[PDB]
Amino acid sequence: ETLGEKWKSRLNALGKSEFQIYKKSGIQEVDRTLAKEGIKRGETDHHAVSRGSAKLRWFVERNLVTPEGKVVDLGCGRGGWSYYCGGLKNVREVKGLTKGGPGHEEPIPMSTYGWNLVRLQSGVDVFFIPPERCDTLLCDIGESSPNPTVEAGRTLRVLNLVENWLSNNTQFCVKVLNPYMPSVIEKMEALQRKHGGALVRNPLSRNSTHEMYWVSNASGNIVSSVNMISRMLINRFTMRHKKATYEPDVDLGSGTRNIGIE
Ligand SMILES: Nc1ncnc2c1ncn2[C@@H]1O[C@H](CSCC[C@H](N)C(=O)O)[C@@H](O)[C@H]1O
Ligand SMILES: NC(=O)c1ncn([C@@H]2O[C@H](COP(=O)(O)O)[C@@H](O)[C@H]2O)n1
């Protein structure tokens, strides 16, 4: 029921080569080369396990999401979001959960700052476990599909999932894979009405996804928000100068935290 649908078809209609070029046109990138080589080498200090750490950092260093207390990371994969939160000031406990298993990102043990406050377990399907009480809820789940109706389903599953974990003034950051499909817009509107927050586009996301994140400390008419991104993604189809701007990767430190305010 929208304009992002025009974008998706155009996207799908791209040639393999055209596609790769577009996917990174004028986006923001994280310089991960050395971080990956160090990880591959067994290093467990400083490195982010994925570009997700840098991704979360962007929202956090802007107070769009303020992870505190018990943080639950739904679909932590390797744990970029979890290890990152494990080094943040007022965070006490970090629990990350994923499916893992062959053909899936499995959590990677690390000794980055606060790693001791972080527990990651795979072999978990978040959709069928009971909700635990938590102060901040993070969720980065959402598999992309060439078929926008398939994505719309996946998106809703996630929204319903999180609604079940959100309480009082729970802090949250949740990926909304396909925010432009009308059932997803409809649900988002309900949620926003019920828990506030807004949808925000992360400059680090690639042009090949219309993904937006529902963050707790931000507002803005949903529909308006998605169209903005839709127009933007379309504008980017036709670009002179398609370079990606890079930035150093995040450094996650290497110690253990003792907690206890003091
Ligand atoms: N039902 C489910 N239960 C648990 N994990 C799931 C799931 N469906 C998908 N996932 C997982 O969710 C992950 C999302 S990608 C993880 C990104 C992470 N924030 C990064 O920074 O490291 C995938 O690795 C996938 O295996
Ligand atoms: N035109 C192509 O050659 C091509 N390849 C992938 N895509 C679009 O982008 C989406 C996911 O992006 P990616 O495959 O992980 O980069 C797909 O689901 C599809 O809609 N398009």
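Each residue takes its place number in the sequence, starting with 1. Indexing begins at 1, ligand by ligand and atom by atom, following the structure's order.
For ligand 2, the recorded drug is ribavirin monophosphate. In this structure, the main binding partner of ribavirin monophosphate, as named in UniProt, is RNA-directed RNA polymerase NS5. By chain and number, the binding site of ribavirin monophosphate at a non-hydrogen cut-off of 4.0 Å is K8, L11, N12, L14, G15, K16, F19, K23, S144, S145, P146, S208. For ribavirin monophosphate, the UniProt domain of chain A with the most contacting residues is mRNA cap 0-1 NS5-type MT. Entry annotation: the source organism of chain A is Dengue virus 2 Puerto Rico/PR159-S1/1969. Protein heavy atom in closest approach to atom 1 (N) of ribavirin monophosphate: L14 O, 2.6 Å.
Looking only at heavy atoms of the protein, atom 19 (C) of ribavirin monophosphate is closest to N12 OD1, 3.4 Å. Looking at atom 15 (O) of ribavirin monophosphate, its nearest protein heavy atom turns out to be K23 NZ, 4.3 Å. Residue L11 has at least one heavy-atom neighbour below 4.0 Å for each of these atoms of ribavirin monophosphate: 1 (N), 8 (C), 9 (O), 21 (N).
Close contacts of ribavirin monophosphate with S145, meaning ligand atoms under 4.0 Å from a residue heavy atom, involve 18 (O). In summary, the atoms of ribavirin monophosphate found under 4.0 Å from a heavy atom of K8, numbered by their order in the structure, are 18 (O), 20 (O). Among all protein heavy atoms, the one lying closest to atom 11 (C) of ribavirin monophosphate is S144 OG, 3.0 Å.
For atom 7 (N) of ribavirin monophosphate, the closest heavy atom belonging to the protein is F19 CE1, 3.1 Å.
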